[PDB]
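Note: structure shows salicylic acid engaged with vicilin-like antimicrobial peptides 2-2.
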Amino acid sequence: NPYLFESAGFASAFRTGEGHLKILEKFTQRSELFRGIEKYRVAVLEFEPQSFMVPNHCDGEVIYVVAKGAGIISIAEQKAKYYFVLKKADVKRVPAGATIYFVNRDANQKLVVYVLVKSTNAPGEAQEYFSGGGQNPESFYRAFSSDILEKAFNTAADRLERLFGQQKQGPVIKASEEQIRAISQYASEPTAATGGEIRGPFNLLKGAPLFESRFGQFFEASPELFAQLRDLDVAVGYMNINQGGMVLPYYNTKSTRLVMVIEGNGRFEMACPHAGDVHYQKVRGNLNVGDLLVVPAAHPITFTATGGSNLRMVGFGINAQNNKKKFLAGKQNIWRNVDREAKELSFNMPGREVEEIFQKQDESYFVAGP
Ligand SMILES: O=C(O)c1ccccc1O
Ligand SMILES: [Cl-]
Ligand SMILES: [Cu+]
Ligand code: NA
């Protein structure tokens, strides 16, 4: 099964006592089937209580989704400073090359963010550039010659050796309660909101889901409605399947989805046709917290919640503009927009009987699972 990337298969670019980054392999290293998603990476960042990330920029465009906890993100640009508060299920776009850091200000709970990265240059390559730090993480200022740094900073070499030579604790480090309180104060300060500014986070569970029943909900932030997604042609979806529920089988017309488990457990089945006559392989598996599943566009799929909790999933939708979900069963489904004769011809069954079978399910979207 090339579609399922267990959390264990993720690579760990850094790990400290205060945090870690896990990132998926370039999808094209797994399979040539993934040439369509070559520009994209998925990562998980975790911060321990009272932690701070050394300032750095990512060369890729980034979307962060808060999976667990609470915190702050700050952004330092040439001509602007931002602070935003991050809560569970908030989503935040960070422009490529923006210098950022995070703070987990909570004393007890980890802050866990799931990350989509879209490359701009070579497909799928993603790198952090530590402006902060010194020895570990290595600051990029150490790449420049001393004669250059001295002129640039108008300072003697010995002050610069001290400046870039004392950080050794790695990319995520402890911050004191007091340091945190002071950053919290700077973050709560009112600013002048301009046009052209980086936009703050939006809650994915805000307002009305795109569809629901008693057994689940699908929320989505589409690129049509969110300018900070529009230029990447990305949608962010949130699937909340009630304990013991399922989503009815469906396909996305246009948009391949990179699906990460937030909470709970489940399983899935997908149909995949990837000259003799077309055959659809059964792609099947289980899902745990932190797993990634690639759901290619046009592929029929169902997710089943298993265990004693809801199955909660976030999906990064690519090529998302005008995407729709075609449901394959339930009251509201594609066959409602097919007339009798075509049902009859299609299944070689008298048409009224096809209608009867297709209308037995009075519920839509989500139902009691097997
Ligand atoms: O949009 C999807 O098909 C999807 C599926 C599972 C989880 C989140 C999602 O956005
Ligand atoms: Cl017939
Ligand atoms: Cu396929
Ligand atoms: Na017929």
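Just so it is clear, chain A uses the PDB entry numbers, and the residues here are 146-419, 440-535, in order. Both ligands and their constituent atoms are indexed starting at 1 by order of listing.
Looking across the whole structure, one can locate salicylic acid at ligand 1. If you number the atoms of salicylic acid (ligand 1) from 1 as listed, the ones under 4.0 Å from a heavy atom of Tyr395 come out as 2 (C), 3 (O), 4 (C), 5 (C). Among the atoms of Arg402, some N or O lies under 3.5 angstrom from an N or O of salicylic acid (ligand 1). Covalent partner of salicylic acid (ligand 1): none modeled.
For atom 1 (O) of salicylic acid (ligand 1), the nearest non-hydrogen atom from the set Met384, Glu365, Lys490, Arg477 comes from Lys490. For salicylic acid (ligand 1), the atoms sitting less than 4.0 Å from at least one non-hydrogen atom of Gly382 are 8 (C), 10 (O), numbered in the order shown with element in parentheses. Using a 4.0 Å cutoff on heavy atoms, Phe363 counts as a contact of salicylic acid (ligand 1).
Other ligands and ions with an atom less than 4.0 Å from salicylic acid (ligand 1), by number and name: none. For salicylic acid (ligand 1), the atoms lying closer than 4.0 Å to a non-hydrogen atom of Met478 are 7 (C).
For salicylic acid (ligand 1), the atoms sitting less than 4.0 Å from at least one non-hydrogen atom of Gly480 are 8 (C), 9 (C), 10 (O), numbered in the order shown with element in parentheses. In summary, the atoms of salicylic acid (ligand 1) found under 4.0 Å from a heavy atom of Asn397, numbered by their order in the structure, are 2 (C), 3 (O). Around salicylic acid (ligand 1), within 4.0 Å by heavy-atom distance, are found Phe363, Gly382, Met384, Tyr395, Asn397, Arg402, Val404, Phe468, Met478, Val479, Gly480, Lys490.
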